[PDB]
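What follows is a deposited structure in which one can find ribavirin triphosphate.
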Amino acid sequence: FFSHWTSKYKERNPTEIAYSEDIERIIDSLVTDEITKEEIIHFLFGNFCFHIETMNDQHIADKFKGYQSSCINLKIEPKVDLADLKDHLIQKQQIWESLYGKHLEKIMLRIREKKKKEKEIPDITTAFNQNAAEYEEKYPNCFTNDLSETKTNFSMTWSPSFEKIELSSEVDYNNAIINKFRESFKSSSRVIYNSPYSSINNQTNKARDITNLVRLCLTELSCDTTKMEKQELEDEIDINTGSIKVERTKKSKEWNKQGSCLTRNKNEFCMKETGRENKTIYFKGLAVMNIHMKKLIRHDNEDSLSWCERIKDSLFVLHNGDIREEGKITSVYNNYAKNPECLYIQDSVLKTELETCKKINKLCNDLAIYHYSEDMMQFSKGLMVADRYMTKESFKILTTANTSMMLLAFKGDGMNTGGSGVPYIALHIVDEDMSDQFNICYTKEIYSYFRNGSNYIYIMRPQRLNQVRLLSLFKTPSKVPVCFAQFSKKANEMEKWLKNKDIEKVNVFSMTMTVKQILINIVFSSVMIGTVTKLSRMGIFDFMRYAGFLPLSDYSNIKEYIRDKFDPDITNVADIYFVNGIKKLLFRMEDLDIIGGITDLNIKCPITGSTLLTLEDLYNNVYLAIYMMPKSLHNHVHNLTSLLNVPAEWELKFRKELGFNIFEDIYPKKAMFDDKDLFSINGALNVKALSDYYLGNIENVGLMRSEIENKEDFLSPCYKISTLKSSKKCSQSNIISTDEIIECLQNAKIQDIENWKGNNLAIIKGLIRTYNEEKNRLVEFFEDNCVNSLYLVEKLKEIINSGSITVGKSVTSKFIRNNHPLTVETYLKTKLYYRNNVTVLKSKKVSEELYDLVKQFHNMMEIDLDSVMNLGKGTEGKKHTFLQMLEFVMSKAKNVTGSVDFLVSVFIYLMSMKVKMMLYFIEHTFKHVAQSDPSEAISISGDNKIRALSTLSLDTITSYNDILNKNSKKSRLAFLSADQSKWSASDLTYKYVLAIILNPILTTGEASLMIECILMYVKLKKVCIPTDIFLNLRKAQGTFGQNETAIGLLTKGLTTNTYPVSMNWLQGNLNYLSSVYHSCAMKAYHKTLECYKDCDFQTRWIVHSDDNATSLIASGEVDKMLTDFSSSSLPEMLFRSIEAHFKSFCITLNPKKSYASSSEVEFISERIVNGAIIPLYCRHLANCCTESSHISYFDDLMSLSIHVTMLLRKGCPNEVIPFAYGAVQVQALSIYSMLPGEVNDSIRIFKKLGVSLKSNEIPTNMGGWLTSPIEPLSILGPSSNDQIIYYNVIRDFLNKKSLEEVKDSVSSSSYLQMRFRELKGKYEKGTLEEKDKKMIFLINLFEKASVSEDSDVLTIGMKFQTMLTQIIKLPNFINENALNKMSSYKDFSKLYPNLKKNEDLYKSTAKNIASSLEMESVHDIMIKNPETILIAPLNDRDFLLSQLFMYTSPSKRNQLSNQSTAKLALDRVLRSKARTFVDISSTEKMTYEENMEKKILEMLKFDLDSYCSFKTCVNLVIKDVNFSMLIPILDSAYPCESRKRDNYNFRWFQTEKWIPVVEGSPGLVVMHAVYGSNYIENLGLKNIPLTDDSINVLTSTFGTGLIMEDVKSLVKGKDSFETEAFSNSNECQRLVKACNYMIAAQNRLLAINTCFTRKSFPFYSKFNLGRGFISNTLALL
Ligand SMILES: NC(=O)c1ncn([C@@H]2O[C@H](COP(=O)(O)OP(=O)(O)OP(=O)(O)O)[C@@H](O)[C@H]2O)n1
Ligand SMILES: NC(=O)c1ncn([C@@H]2O[C@H](COP(=O)(O)OP(=O)(O)OP(=O)(O)O)[C@@H](O)[C@H]2O)n1
């Protein structure tokens, strides 16, 4: 172990760091009445003398010099010798050790003072009544007993039953329904208005208006079109971004002319030229939709439960008469659920489970679950399509696969600025038989009805829906059938009735009344849960995650949670059913193998099905009801204001508590270190606790320092660090300069009104738009910022008085949204000098910021080629380290920079590059400290062992309780599952300095650097609100009474943007240091509890930042000490004592999610009771239906199959797995890669062109369907589907039986050439069988759509986790708009000027006069330095021009252009049906399906010279270690009943193929297990040679393309070119594979040693660092 001091800061002490008086205040504030200042200093600087056994002697001299300097600067006489300090610190030990007993007495007094003040509620009903009483006390008379003023019961949209077959013959089936309703709505006027909820005083007077509006819109304002063209969209260039989807200017944006009406497309109509009485009727109907006063019903309303107990069974009657049999959602769900035998390889033993799944599918078919979900999905489609394009004088009649359903959509909030939603009136035709049940069910929203024929025509009430609510309505086919399947499985009456009957006898007719009632509840709950669009239902359902703990003890959650902080916001009826289910569960728990519920007689909360055989069924039902709700139905505008509003309040609370005023700095005070309640710690106890923690954790200072400076990439340049190189995002305050602003104002003349070209017109527009209403501040900015005062304003006078200028109005958000960003910059900056300063932080990549930092380190600001190339080559040139750049940044910004670097923004938080580097240093010097702690969970690599540590924390605790309580005394268990509240907001930050001073694995210079870093992070941090949000609050504050909650007080009345956030580190920034402090606090808790005299306590705790998993086992005289601690049992003891102890460590325990029990613990989401773990597969099942990224079909299908895989891991039953398959299929296919029957299908396209591939053999990237079985998807993952179909077509191609025959036939090198020649001859003369055409198709697909194709991992870093990739990559930007606003492009465009800057066509013309010379120079200084463009930067001049030589490849600007951005819905369902661009430069615009047709027609021919990709695709499949041993196990596995499996329910999968396959690869003994598998299954050991040699072939071709063209067999000389010409013999890839298969050189790298050999043939082996890298078979563990 060698020691290296990594600082120029060596001669700096922690008491001379500019912000050094705060350390003096911390020292002065730690002085107690028993410990003086001298002992505090001697302990704090000198604690390292307990660690002096593993550190160097130069480290000894360094730390003793730091000790002496600290004592001299603090006016204390230091000890002369190190042994003198050791003797003094070992003799003043009992003074410091006595703090634990006083702390024990303090927490006992705090429990005694806290339990006396609280009040006790007698029962749960009194808690509910007290909540209702205080709710009436806030707002009086808010509770109404009349059910006529409430909100809508049955949510956004209503689905009647569809009773008549509608024949179509030349009548356009979508349009025949509209004229059917029109001819129904032409009879007389027997309009009966509906009184809601059987009321008597019906006002009406609006039902007449709605009826007249609907009659007008269906009689006069619309007609049978049947001839107009469909809506077609086209991509267009935006003035701020690229490639947005919009309607074309002609055709589908123009109003056509039918007979006396105006029409746009097949659905939209208009009334621009209509009679005045008709216009009056239209406006009278429009005024209804608007184009305390809360009536909340009580929890104990017996009328609402009685009404719901008729509404929810009228719904079941309505869900029982539908006659439709085929559809889109029905087809995809019946692909998996109607025949689930294909998913399971050994399906012959699942004769009961698969039959139950088939019965659940038949019940879904007969109750019209699929058809209702499909109707909701397409109506949400049509509704948001209507939301963006509708005007006030137009409507958008929607029709679907329905028979008796329409919707009359009206003007919504196009160009979304929050808004309210899109109005819509739905019409229904119901027959005479189901007429009373329709009135009973939808009694609130039926607005008028009349009778025509044997039918009733219903007009329902208009509502409105935001885009988020339409998106939650969209995922109905993914959310409702899985709800029906899970609730039908977990209900024991439903499953019990399903098990006796047969598939031909399952119907509603042969049902008992109890099973029918359970089915009614299941249908109603699935409908109400799968589509949720109300905030009250979300409040009710996330109230449910705390009122659901049965096996419990004292938690302060049964009664004190249902008091004041519970919000009973029940607005409608029939959520009384859900709240009443909660109330019955709580009343049951009040009156009091896991068998938890066969004896308690528990009741399901949403589905009410009794006789619960297992507690895990209850946990699964509640948590699936919880996790299926959306994250938020609020807009991003409201959510961002909430996220920017919480820290302002939690900082104003801190300032008010500790006496700081609003506009001043933050310094330590005595109150923070005096053991107070709100914002304080104990002080001297914290120092002793941290010293004891560092004594007990760090065992070798030098070895751990070596691991820190070797594994965290210290003493290495910053581009080797993945956090500071991989472009996440960043924040750099780029503001147009004020001198540049006044210069642009000066050069903007008044004689060039026509010639206002360039970007200066944007500055002119911004200053004029600011002048139009903000005259008060523009004169101040024009007279104080610039030295010329009157000239600028007098020039602006005739600038506005020039007559012609393009400004409409200060429309605020309408100006911001669709104008150039520098217009926003100027419209800000001309009124921001002394107030409202903003200083807008625009986002940037960290790679560009690191590029600028490396450029600024070597003083190469102005870019010059000789200046960068003079830095040397190889591993002997100029190179920096991470800490040298860190101190360069610190020395730069300590020089009066204005503290612009400490500015974060919300985009979860967006910090600067400096703050990212300081947080990296502080984070990763404590990551290894937390890695040495066995009780620390955030240091666990991944989520794999997170469950494992909880398993140990249960197992050793239970084993020790079994080993102690049987001998001498009694023991009581106490498991704590705490979660702290405001872990970052309420936390004192200055206590982290004490964790750094006492750190022994450090240096007195590095410690000073970290202390100064944390002190500037506290004293100078600020938060900048974004421009649109701050303008919204500014205009709201101007219109209103000018008061705000906390943001107005912090920003001096909203007159400035940056508000101070000092003692609140942002969440995720200190995630290891806070966890270290938490574990230190728990060790101090154990040391404090060890001070009790006649009792023995041992504590086991587990810490992951915010969370806690404390266990405690007491022994001895328990009965006396329990009333000493003021409690009744050990969980009550633990919940009181830990809460009292944590207040001395600035940790706030909240009595909401923190419970204490004697048998149950929870950690994050996993949960283990009495040595057995409850599975909780709810999160993955909900992620299978709700969470998606919305980027592509391939990406989202591969991402959702992760959740399917973890569903298979965590014990899912075998009847929800086919529904999980169907759910991920609907969620992947329902946006862009369209559903069966639509335009972007892949079964239909492959069937039309006669492709030889079958339905279940289409690859995933071809738009095909996930058809991998249960076992290979569970073991390998989503990347196994294409591997399985490739292996199947290969095994059919060479006509073999097993994989081993294929392996020993491929292993001969003279075999695949003969097969390829035989295939070529077969294609030649006369014969091509089906297998040959399949093999040819997949060979050409591997050529055209391999994952390595058109990708390099050094421009954008990818991971290569699959075999193939997306074959259409839509460009997010067109031309060089993606490459702009970049320092790399601005440098590349300067030393290589506009001959090669603008544009891609100018560079492409240099491949067939000055651009050819520039390209020749580029590739001449590129090909002489080969290591700079296709490996990682070895040093500088391998990084600064590595970012410069990537803007020359056509496939490296395309890769940066089509980067996957976030976007949202309606930007991808519209782009899929639009004529999109192909690449970065093409005049041709073509659709997605036509592109797919062209690509499939391209990959149909044999295309000889395809031998290399044939051998590559064979060898990528067969050579996998995991696949080649998983397949023979699956092929030769015994069914059951010998050692594999003998149980039935949820015990085939976890007994037959996840334990005899885990005795397969690593060998194992355990029988039943929930699996956290190994790392990712590697299919990228062979693909990173493909990328790293494809880029070599590309630069070879682009180097050889200038001087000459040639074909082959080149004779030129100049060895680096002749050897690459010999390298390009066939493709260079078969040469790569064969040549480095038959030898293995493996020469080391020094870039002169390796360039000594040859530039081409053995050099490429040192551009991947490995060859034929075969991994080991992964242990599932
Ligand atoms: N992005 C939008 O279009 C939108 N959505 C809701 N809002 C807020 O609510 C009002 C109604 O929106 P509009 O801009 O369509 O109404 P308008 O201003 O009276 O009509 P117009 O566009 O023809 O001038 C608007 O005045 C505005 O305050 N704006
Ligand atoms: N009630 C609690 O016991 C609790 N648990 C966490 N927190 C801290 O609260 C900050 C923001 O709260 P959020 O609105 O994001 O939800 P949350 O974290 O789940 O807390 P809560 O249950 O109170 O809503 C978050 O920064 C979070 O750390 N409070």
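Residue numbers count from 1 along this sequence. FYI, side chains are in, hydrogens and waters are out, and symmetry mates aren't considered; it's all heavy atoms of this structure. Atoms within each ligand, like the ligands themselves, are counted from 1 in listed order. Determined via electron microscopy, 3.1 Å.
Counting heavy-atom pairs under 4.5 Å, the chain with the most contacts to ribavirin triphosphate (ligand 1) is listed in the PDB entry as RNA-directed RNA polymerase L. On the PDB entry, the origin listed for chain A is Orthotospovirus tomatomaculae. The 4.0 Å heavy-atom shell around ribavirin triphosphate (ligand 1) contains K411, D413, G414, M415, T417, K814.
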